[PDB]
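Ribosyldihydronicotinamide dehydrogenase [quinone], liganded with doxorubicin.
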Protein chains: 2
Amino acid sequence: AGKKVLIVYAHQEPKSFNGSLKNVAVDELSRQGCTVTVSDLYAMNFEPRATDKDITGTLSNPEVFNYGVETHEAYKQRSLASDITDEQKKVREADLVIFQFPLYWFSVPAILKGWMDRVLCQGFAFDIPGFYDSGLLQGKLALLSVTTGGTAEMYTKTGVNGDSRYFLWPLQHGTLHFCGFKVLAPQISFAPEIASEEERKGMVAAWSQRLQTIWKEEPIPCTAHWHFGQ
Amino acid sequence: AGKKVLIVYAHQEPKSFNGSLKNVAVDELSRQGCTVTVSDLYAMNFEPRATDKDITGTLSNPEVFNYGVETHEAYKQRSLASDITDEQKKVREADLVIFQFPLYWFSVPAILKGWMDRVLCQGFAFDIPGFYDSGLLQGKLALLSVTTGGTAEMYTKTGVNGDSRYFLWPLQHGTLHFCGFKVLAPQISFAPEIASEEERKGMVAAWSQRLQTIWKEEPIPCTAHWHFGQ
Ligand SMILES: Cc1cc2nc3c(=O)[nH]c(=O)nc-3n(C[C@H](O)[C@H](O)[C@H](O)COP(=O)(O)OP(=O)(O)OC[C@H]3O[C@@H](n4cnc5c(N)ncnc54)[C@H](O)[C@@H]3O)c2cc1C
Ligand SMILES: Cc1cc2nc3c(=O)[nH]c(=O)nc-3n(C[C@H](O)[C@H](O)[C@H](O)COP(=O)(O)OP(=O)(O)OC[C@H]3O[C@@H](n4cnc5c(N)ncnc54)[C@H](O)[C@@H]3O)c2cc1C
Ligand SMILES: COc1cccc2c1C(=O)c1c(O)c3c(c(O)c1C2=O)C[C@@](O)(C(=O)CO)C[C@@H]3O[C@H]1C[C@H](N)[C@H](O)[C@H](C)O1
Ligand SMILES: COc1cccc2c1C(=O)c1c(O)c3c(c(O)c1C2=O)C[C@@](O)(C(=O)CO)C[C@@H]3O[C@H]1C[C@H](N)[C@H](O)[C@H](C)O1
Ligand SMILES: [Zn+2]
Ligand SMILES: [Zn+2]
């Protein structure tokens, strides 16, 4: 069990709850002897915008810019911007990719959305054909570790926000599964801002605890039924 | 009449199918006598990252940075960065906000995600109280005009991508409904890229044609049931 983990981390403040979850991941995975890398997006001033700056070569059509076409061709030619290919190396080497982030509008913060848009390009993360179970990152695991303002009860079928799993669909299925990841069950730390000090440490320790045995876990069945029920 | 429309547009290429949909909207709504404003995020090099540059002057806590709180206060205290307040003014004035974008990872392109993250701050778009039915943008309509790479066949309950309504939930319900918008039926232009000019013109025309009677429309019931039910 010599494993490589990439944590893609998206919080502005090292002393945040997200920051603590990120750090206990690094501590506990390091302790196990795993190889660990963190992409700290805000600290890298990570570029989120999909633009023609992401290709440095001769464009396939320089008069009508098609991001998807130009990045696919640029990946094959190796003329992608280097901040993109630096992240791809990290992914390629990883056995597990953990995403650590606060929920922003039922989704990831824009800086991490940009990571997904720019890094997971055609040719690297998927092809046509070559997606979902035939996606190019098959054999890798991914895991969303999410924090929320709202409560667990708010994130139920009958609660105001609907079930937590509803908002996971575009990320777990439309992105990770599409790229061929197997998806481990999400870690959702609900409403730490509201929680007591003891409840906070508890949530942190539950994460650290889960990580002790993460390599023994099976992935979820990443299906409409899992996310939405019958 | 005197209706005000903001189009928030997220495409790199003026000649794109998205560009054409935005321009038809400008043309037809202008023709009707509406007041029309376009936020061209890519042309504006719109900042998507939520950072402490979003607050001008001195922060409520320069030691430990909490984006939500710092921007809550800054809105209340009129100290938000001008790119944000410029956008908020456009929204405040609008009766209808149309979002025009290609689908990126079952969601909006990161640059548009950044607009939602940074522009729809606490105190402007929502508060305790005032969310969902009572959110601070009540009285306004919102409409998502999405283009996809995938076919309508794939975006069904049993198709590989699941029902298009599944990916609408975080946008329509978690974001737009949450802020008080009444949400018009989405405009989904499926797989323009592989369609014939005959079918493309048809999609553009349905859009122009739909815009003729947009102000007569009923909002969808923006419910978990509308999105996931039978
Ligand atoms: C733009 C935006 C959009 C948002 N959209 C949504 C949304 O759609 N849905 C939703 O539910 N929420 C939403 N939120 C709220 C957001 O998800 C939460 O504020 C976020 O998840 C909280 O995590 P945090 O790291 O920022 O918390 P923090 O405020 O950093 O943490 C809470 C407390 O934990 C303490 N702490 C830190 N380390 C430890 C430690 N190791 N042990 C114990 N305590 C510790 C911190 O000091 C802090 O007091 C949004 C917020 C923003 C800004
Ligand atoms: C990072 C990334 C992530 C993506 N994720 C997804 C995803 O999760 N799911 C998914 O389904 N797809 C996804 N896509 C694909 C994407 O949604 C489609 O490529 C996009 O919607 C195509 O729209 P467009 O405006 O760019 O098309 P274009 O290529 O610009 O347009 C299609 C054709 O219509 C022509 N046209 C333009 N104007 C007119 C007109 N007025 N009348 C007639 N014809 C006209 C254009 O010239 C062009 O030839 C992703 C793409 C990228 C780059
Ligand atoms: C755009 O963000 C959202 C979008 C959709 C839903 C939501 C949110 C959201 O931000 C959010 C919250 O921030 C919070 C909650 C929440 O449900 C949501 C959403 O559902 C739960 C909460 O309000 C309580 O439990 C109150 O007792 C605490 C928390 O607020 C935090 C953040 C601020 N510091 C706030 O002033 C208060 C002190 O606690
Ligand atoms: C990260 O993007 C995605 C994420 C999840 C699902 C999807 C996509 C996606 O991009 C996507 C597509 O781009 C395309 C399709 C699609 O289903 C998806 C997703 O489901 C359908 C398509 O392949 C055909 O209908 C061909 O007959 C055309 C189209 O391909 C685009 C790009 C190809 N390189 C080629 O240029 C083709 C003409 O258009
Ligand atoms: Zn899946
Ligand atoms: Zn709703």
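Chain letters: A, B, ..., in sequence-line order. The PDB entry numbering applies to chain A: residues 1-230, in that order. In order, the residues displayed for chain B correspond to 1-230 in the PDB entry numbering, which applies throughout. Whatever order the structure lists them in is the order used to number ligands and atoms, beginning at 1.
In this structure, the ligands or chains belonging to doxorubicin are ligands 3 and 4. At a heavy-atom cut-off of 4.0 Å, other chains contacting doxorubicin (ligand 4): A, B. At 4.0 Å, heavy atom to atom, the residues around doxorubicin (ligand 4) are A:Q122, A:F126, A:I128, A:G174, A:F178, B:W105, B:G149, B:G150, B:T151, B:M154, B:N161, B:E193, B:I194. Of the residues that UniProt lists as binding substrate in chain B, none has a heavy atom under 4.0 Å from doxorubicin (ligand 4).
Within doxorubicin (ligand 4), the atoms closer than 4.0 Å to a non-hydrogen atom of A:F126 are 1 (C), numbered from 1 in the order shown. Against a heavy-atom cut-off of under 4.0 Å, B:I194 is close to the following atoms of doxorubicin (ligand 4): 24 (C), 25 (O), 26 (C), 28 (C).
Numbered from 1 in the order shown, with element, the atoms of doxorubicin (ligand 4) that lie under 4.0 Å from a heavy atom of B:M154 read 17 (O).
Of all protein heavy atoms, the one lying nearest to atom 16 (C) of doxorubicin (ligand 4) is B:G150 CA, 3.4 Å. The entry attributes the origin of chain B to Homo sapiens.
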